[PDB]
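What follows is a deposited structure in which one can find zoledronic acid.
Chains get letters A, B, ... in whatever order the sequence lines come in. Following the PDB entry, chain A residues are numbered 85-429, in order. Residues displayed in chain B correspond, in order, to the PDB entry positions 85-429. Whatever order the structure lists ligands and atoms in, that order sets their numbers, starting from 1.
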There are 2 protein chains.
Amino acid sequence: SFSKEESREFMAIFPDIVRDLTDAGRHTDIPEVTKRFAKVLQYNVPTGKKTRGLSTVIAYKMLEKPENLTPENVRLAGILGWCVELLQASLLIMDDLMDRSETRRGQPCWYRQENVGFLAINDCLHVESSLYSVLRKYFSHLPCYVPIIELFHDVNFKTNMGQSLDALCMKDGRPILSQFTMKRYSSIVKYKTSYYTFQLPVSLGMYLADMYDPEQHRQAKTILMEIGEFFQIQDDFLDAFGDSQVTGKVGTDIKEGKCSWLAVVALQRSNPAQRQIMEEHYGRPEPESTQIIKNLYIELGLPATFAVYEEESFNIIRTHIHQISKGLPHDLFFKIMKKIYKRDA
Amino acid sequence: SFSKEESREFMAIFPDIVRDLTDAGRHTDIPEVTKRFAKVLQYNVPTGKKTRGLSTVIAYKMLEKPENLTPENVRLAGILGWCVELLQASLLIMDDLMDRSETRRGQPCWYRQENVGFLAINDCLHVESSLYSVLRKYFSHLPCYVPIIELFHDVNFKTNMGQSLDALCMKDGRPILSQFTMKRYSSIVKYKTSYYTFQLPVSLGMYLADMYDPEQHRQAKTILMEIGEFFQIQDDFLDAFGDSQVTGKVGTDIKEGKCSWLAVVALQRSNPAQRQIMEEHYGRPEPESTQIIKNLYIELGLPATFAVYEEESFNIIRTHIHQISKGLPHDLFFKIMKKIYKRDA
Ligand SMILES: O=P(O)(O)C(O)(Cn1ccnc1)P(=O)(O)O
Ligand SMILES: O=P(O)(O)C(O)(Cn1ccnc1)P(=O)(O)O
Ligand SMILES: C=C(C)CCOP(=O)(O)OP(=O)(O)O
Ligand SMILES: C=C(C)CCOP(=O)(O)OP(=O)(O)O
Ligand SMILES: [Mg+2]
Ligand SMILES: [Mg+2]
Ligand SMILES: [Mg+2]
Ligand SMILES: [Mg+2]
Ligand SMILES: [Mg+2]
Ligand SMILES: [Mg+2]
């Protein structure tokens, strides 16, 4: 899975989605806006790695009865995966505005383009609303239609709650370091990342396979939230220690005063002098201050701590998969974990 | 219609909407965020005129069979009206960021308030998503559920297209005055205002009354698009000439270079010297340029021009209402026009 041919099949759907949203004989009185929206979609939607959309297809293929897999049902699963990518695209447009970011996917953040600015808020809302038009076109005659619409709206609401908890790291221009606990961290990640990134693809595949039992969705959730916590911890590590040419994004968490995994572990490990460095220099726009924090992270050994976590967490999650209900395919969870951890074994 | 008793009935539902979204035994691990969202709702949702929500109820009462007007079905119509008010609240949060506005509904705009700022961007999305949670709680077992959610999806998408066309007034910091025609103006207002403000309340009332005839919906739409353009022309007059203590908002259209009705009519009426004033001073950040344009609008007699237009258009719209058939109650459309004609807020 996550093969070159699966990517080919998935990518082939995107031009049809753009046609559905911008050139299907609708809104023929406002071609200026529809032609612009095609450019919004081209810049912002297909420019990532598509792990969430591809995972929606893989989940469906592993949950559906083999006999029921047809080219037509697999294409439906691919359309659902593009609906997840429309949600991702929307969330990153708004996130980059909120985080004052420079680059995304190796190009300027959308809001930084000429004649965009705060119009990016509208483009964010427009890209998310688009997915419900796609759902109506392709799924309106199936039993899974309403549960899928409701899952997208509920996951959006949850993601908004997580984005708000993430944003509340700062008050009056200074970080609330005494509240930067691992408990707070885990709550932020659950809501701002794990539901939409990991739960949504798998629950979509379950619904398209006519699996409505809330206990099956809950058994999946326990594993998927553990994978999501690693995924966001890795993101946080790379914000400070990654190469922006490889990640496609310039880090901002130290300047923005975020309750990142690095900040939480730094506060756990700091002696009183190091805690005073955090108090003085964390969450400041001055470049000296951001470099002083990075130097503290190096002094505290946080890169080795992250490398240990990447190894240990893989093995803990693999053990937990073994304990999932016999009713769910254990190999779906192993495949997701292997892709996220960039391991074949 | 728009009576004290109808207002009391409608406001009585608001505390239950807040409870539904923030205190219904959900998300009990993140009370910081749920308590803050209760404040977001309190500030941003209920302090406007509530004409859209009240119109949803009036439409339902005038479309349903009298024998079916139970406490419970009238309450459902009020809940649908609050869902339109949630959509409105979401749009205004974003709009005030995009328009760089100072006040809304008599208070500083949400994004300007202490420790809000760019958090207002997530709050806008969160308020929008919340209306679908309310629809799910109350409507999910009723035949109107899918038509209602599909209508909200479609109206959202159309509103985003209008907000985009509205924003394309300026390119590289100068207004595209050669393109400020009445044809452009009518297209902008149809999409950014008329669908969500007038079509949505009346179509919701129809759906709750189990009225699905595509031809009845189309005849209501035709008149409601005329009403929406009239209403937006009034809004544009208030931006330049309203009393901000009565309207609750300080105008920005001249500074933001908007294709307002006043700008379109100023370009139609201007001599060559007056056109050069528009070219030089429209859509500038400098207070002195905006005052030059306001003074041009005064000298052109745009207040009296608006007054004559509003009276002429009220009479044309009422002539068109008299021509409505398809079993639609003329008095619903007359009551909407009576409520807005000659408004100062
Ligand atoms: O660090 P963030 O949460 O802002 C991020 O991971 C985006 N995001 C937003 C919600 N969940 C994740 P990115 O580093 O891509 O800017
Ligand atoms: O003039 P706008 O369109 O920005 C406005 O009417 C808001 N709006 C946004 C879309 N439709 C209407 P407001 O004057 O309330 O700021
Ligand atoms: C939740 C996080 C870490 C946001 C970035 O997600 P990805 O790294 O999957 O981004 P794209 O491939 O879509 O660019
Ligand atoms: C579409 C428009 C003109 C936006 C403002 O609507 P209202 O003037 O109805 O504002 P509130 O009563 O909701 O504050
Ligand atoms: Mg970010
Ligand atoms: Mg962020
Ligand atoms: Mg990050
Ligand atoms: Mg505005
Ligand atoms: Mg506006
Ligand atoms: Mg206005």
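For zoledronic acid, the full set of ligands or chains is ligands 1 and 2.
The chain that zoledronic acid (ligand 1) touches most here appears in the PDB entry under the name Isoprenyl diphosphate synthase. The letters of other chains with a heavy atom under 4.0 Å from zoledronic acid (ligand 1) are A. In this structure, residues within 4.0 Å of zoledronic acid (ligand 1) (heavy atoms) are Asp179(A), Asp183(A), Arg188(A), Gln247(A), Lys276(A), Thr277(A), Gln316(A), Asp319(A), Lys333(A). Of the protein's non-hydrogen atoms, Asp183(A) OD2, 2.7 Å is the one closest to atom 4 (O) of zoledronic acid (ligand 1).
Here the heavy atom of the protein found nearest to atom 6 (O) of zoledronic acid (ligand 1) is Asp319(A) OD2, 2.9 Å.
Close N/O approach between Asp179(A) and zoledronic acid (ligand 1) is found [any backbone or side-chain N/O within under 3.5 Å]. Among protein heavy atoms, atom 12 (C) of zoledronic acid (ligand 1) sits closest to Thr277(A) OG1, 3.4 Å. The source organism recorded in the entry for chain A is Phaedon cochleariae. Listed by number with element, the atoms of zoledronic acid (ligand 1) under 4.0 angstrom from any heavy atom of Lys333(A) are 13 (P), 14 (O), 15 (O).
Checking distances under 4.0 Å from zoledronic acid (ligand 1) turns up the other ligands and ions ligand 3 (3-methylbut-3-enyl trihydrogen diphosphate), ligand 5 (magnesium ion), ligand 6 (magnesium ion), ligand 7 (magnesium ion). The single protein non-hydrogen atom nearest to atom 3 (O) of zoledronic acid (ligand 1) is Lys276(A) NZ, 2.7 Å, given as residue, atom name and distance.
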Write out each pair where an N or O from zoledronic acid (ligand 1) and one from the protein are under 3.5 Å apart, with the distance.
unit_1, atom_1, unit_2, atom_2, d
zoledronic acid (ligand 1), 1 (O), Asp319(A), OD2, 3.2
zoledronic acid (ligand 1), 3 (O), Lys276(A), NZ, 2.7
zoledronic acid (ligand 1), 4 (O), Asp179(A), OD1, 3.0
zoledronic acid (ligand 1), 4 (O), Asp179(A), OD2, 3.0
zoledronic acid (ligand 1), 4 (O), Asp183(A), OD2, 2.7
zoledronic acid (ligand 1), 6 (O), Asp319(A), OD2, 2.9
zoledronic acid (ligand 1), 11 (N), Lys276(A), O, 3.0
zoledronic acid (ligand 1), 11 (N), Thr277(A), OG1, 2.8
zoledronic acid (ligand 1), 14 (O), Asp319(A), OD1, 3.4
zoledronic acid (ligand 1), 14 (O), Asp319(A), OD2, 2.9
zoledronic acid (ligand 1), 14 (O), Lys333(A), NZ, 3.1
zoledronic acid (ligand 1), 15 (O), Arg188(A), NH1, 2.8
zoledronic acid (ligand 1), 15 (O), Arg188(A), NH2, 3.2
zoledronic acid (ligand 1), 15 (O), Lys333(A), NZ, 2.8
zoledronic acid (ligand 1), 16 (O), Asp179(A), OD2, 2.9
zoledronic acid (ligand 1), 16 (O), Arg188(A), NH2, 3.1

